[PDB]
Asker: 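I'm staring at D-amphetamine bound to Chromaffin granule amine transporter and have questions.
Proteins get letters first, then strands, A, B, ... in listed order; numbering begins at 1 in each. Read the numbers this way: they start at 1 and go in the same order the structure lists the ligands and their atoms. These numbers come from the heavy atoms of this one structure, side chains and all, not from hydrogens, waters or symmetry mates. So this one's electron microscopy, 3.5 Å, going by the header.
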Amino acid sequence: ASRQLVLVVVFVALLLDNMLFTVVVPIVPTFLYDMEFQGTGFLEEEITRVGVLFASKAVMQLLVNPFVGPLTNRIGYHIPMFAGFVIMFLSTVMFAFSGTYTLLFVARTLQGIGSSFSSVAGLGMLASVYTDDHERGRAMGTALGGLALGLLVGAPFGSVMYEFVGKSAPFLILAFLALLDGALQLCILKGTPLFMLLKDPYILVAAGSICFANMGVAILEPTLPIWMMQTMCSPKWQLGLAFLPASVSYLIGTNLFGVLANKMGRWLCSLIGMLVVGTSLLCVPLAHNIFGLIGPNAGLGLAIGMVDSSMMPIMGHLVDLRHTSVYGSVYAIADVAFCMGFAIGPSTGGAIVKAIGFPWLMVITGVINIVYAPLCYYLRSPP
Amino acid sequence: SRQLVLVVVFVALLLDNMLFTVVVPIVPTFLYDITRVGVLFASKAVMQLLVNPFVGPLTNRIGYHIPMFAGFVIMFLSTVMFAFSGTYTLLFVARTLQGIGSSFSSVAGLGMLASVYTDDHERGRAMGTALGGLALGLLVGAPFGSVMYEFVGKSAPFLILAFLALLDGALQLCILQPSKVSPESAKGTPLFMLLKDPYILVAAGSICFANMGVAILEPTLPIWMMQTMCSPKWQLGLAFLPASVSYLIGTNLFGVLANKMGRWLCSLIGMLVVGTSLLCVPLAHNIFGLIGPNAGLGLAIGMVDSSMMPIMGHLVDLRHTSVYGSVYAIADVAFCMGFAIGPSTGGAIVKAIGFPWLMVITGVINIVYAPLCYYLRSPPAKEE
Ligand SMILES: COC(=O)[C@H]1[C@H]2C[C@@H]3c4[nH]c5cc(OC)ccc5c4CCN3C[C@H]2C[C@@H](OC(=O)c2cc(OC)c(OC)c(OC)c2)[C@@H]1OC
Ligand SMILES: C[C@H](N)Cc1ccccc1
């Protein structure tokens, strides 16, 4: 038993969860196309079902999140964290062996439940082990940065491994990685609830801005590979690689603007990020080849990095100024924004792409971001 | 012969707008020996706005030479009337005459530049350099009048402008040859049909909104500076210098980049930047804090102007017949509406609701209107 082991376990758990999220982007549409049969343009019939499939994780996470915390209070943190590995292993095995649309729905729902349990239990365990109030910041920083490395090699790893080795390869590799995390875990050893924190407009504005800045990438996942196969005729292994700018630019932007945003005001960073997101989403559906997406996607990643680096300290300051704040207060509010975005984006986006064209959806999202952008002026100098 | 026409329009806009800004140092102090003075300055925008619809249709039947020569004559008469008049009612009329001359010169010159230059990119370059000349006139005019009123007298700068206008008229007579009435063979679209085109309306609205955003901020800033910052008198003019300098740089630099980057993207980014700059202007607590937002405002306005001037001729070439008088009359009306509305009602609006809410409203309007420039990406052509 040691303090570093819990850090390594939480690191591997969050990495596996985000990797399993991001590796299902270029495999589900390709798998659904290959079973039926560049190719044909029948994917518009199934775009609604593919959109509804991606929202299952967000909906299940939003449902099961309120019940986790009292459960961790009652029976501790180690037992609920172990359930996350079991559910993630079951989901990753069912993904590899699934052949029909029904099983992938169950896989996504199970992944949502396991992700919620693993995240809450791991953060609680890290808070419990470290009790110095200054090393806790470094530990939380490393654990949350584990999401970035997990995000970076997740999306262009299923696409590359799909066309060369097989469809059961990446899921089996993730399963073997998840099994190693459980082996390490075996050798181990209050104020202002969330519904009151969403009753003041200063926090609702920030949460909505985070959600609307992340919806641009939330609704770009299920609809971009189908668009690529329909119009640009790219090979099946470049669909994942078309998302690499959205990760690398996001990491660069979050580093630079976490360093630099305090000098020029956080609200200005948020406003410029939302405007850049809107312009990039507008410029996305004009490309006629794969190389035309290296610019708009990079801008989208940079702008989302701007918003996500300038908004979290604002929420922390707002919670400290007017309420009683704990270690996980900012995390809970941010999680609802991401989950709400991933649950509302794809489900409506599929219906919009069926009813009207794909470019109109991007235009709508860009207009929404631009219109919401002026409202960040409220966040300066809160009382 | 196509290069020298740019020189004629360059000098014509340089001299006409120079008289626009030279008056401001010299008239408010001279009458003393606020609303009365402000309504004087807005007479040019109002009268030039009305004469514009009667200039566009006239250009088909007369040509682009007679209106420009008439504008030169009216400008010379206005500057001579300024140089000798010594009362309020004799200074109102000269401003009205200068407005008429400015309307003639702007519409005729931009139409002639559009007709001489046919390629879209090469026309964008010329319109960029002409707007650069206008910006240089605006920048140079005020200190010129202030220095030669402090040191030499009142009647000196107007007489010097009269001599320069005579030289411009000599150059015009040598180059343009304004001696006969030449009717254009093409019968252009009527001015009421062009207003039913959504794209022309979008372009005119973008120009009007950006210019209104600057035109409200121009007269209503010194009062706020006095009431909050407590700054001396000599910093008032220096506050707005970055806007003029950045506008000159932007209008000389973005005419080249608008074609490469895309007109709609340049206009969108300009409107967003002008909205953010106006939104951040009311937050400064000293003179040094207004350097950034004013420069951003000038750059954004240069972006919008250089992007949306050639777009009018492009739309008229794509959809309607190739006669460029009426569309640039519409563009000049969009230019002049902001200055017509700003000085007259800015004090009333500020006393009614407050300066920061005015800035917030203008910025939010620009930001919301910014998405509508996407519609100018590729307008459909007319049926063959
Ligand atoms: C699924 O992706 C995620 O799940 C993460 C990202 C969401 C989003 C995203 N998805 C993509 C999927 C792609 O596939 C093709 C490609 C590109 C992207 C991008 C680019 C843009 N990107 C941003 C990522 C943000 C991550 O969240 C945090 O970094 C974070 C940090 C904190 O510390 C301050 C928190 O505490 C307050 C916190 O609270 C909940 C969250 C978030 O969750 C961990
Ligand atoms: C030429 C612009 N419509 C007016 C302006 C622009 C920039 C600065 C000051 C004034």
Asker: I'm trying to find D-amphetamine in this model - which chains or ligands should I check?
Answerer: ligand 2
Asker: I'd like to know the other chains touching D-amphetamine (ligand 2) at heavy-atom distances under 4.0 Å, if you can.
Answerer: B
Asker: Check the entry and name the source organism of chain B.
Answerer: Homo sapiens
Asker: Which UniProt transmembrane segments of chain B contain a heavy atom that sits under 4.0 Å from D-amphetamine (ligand 2), numbering from the N terminus?
Answerer: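 Those would be UniProt segments 5, 7, 8, 11, going by heavy atoms.
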Asker: What makes up the binding site of D-amphetamine (ligand 2) if contacts are defined by heavy atoms under 4.0 Å?
Answerer: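 The binding site of D-amphetamine (ligand 2) (heavy atoms) is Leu134(B), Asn211(B), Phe240(B), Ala243(B), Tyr247(B), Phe335(B), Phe339(B).
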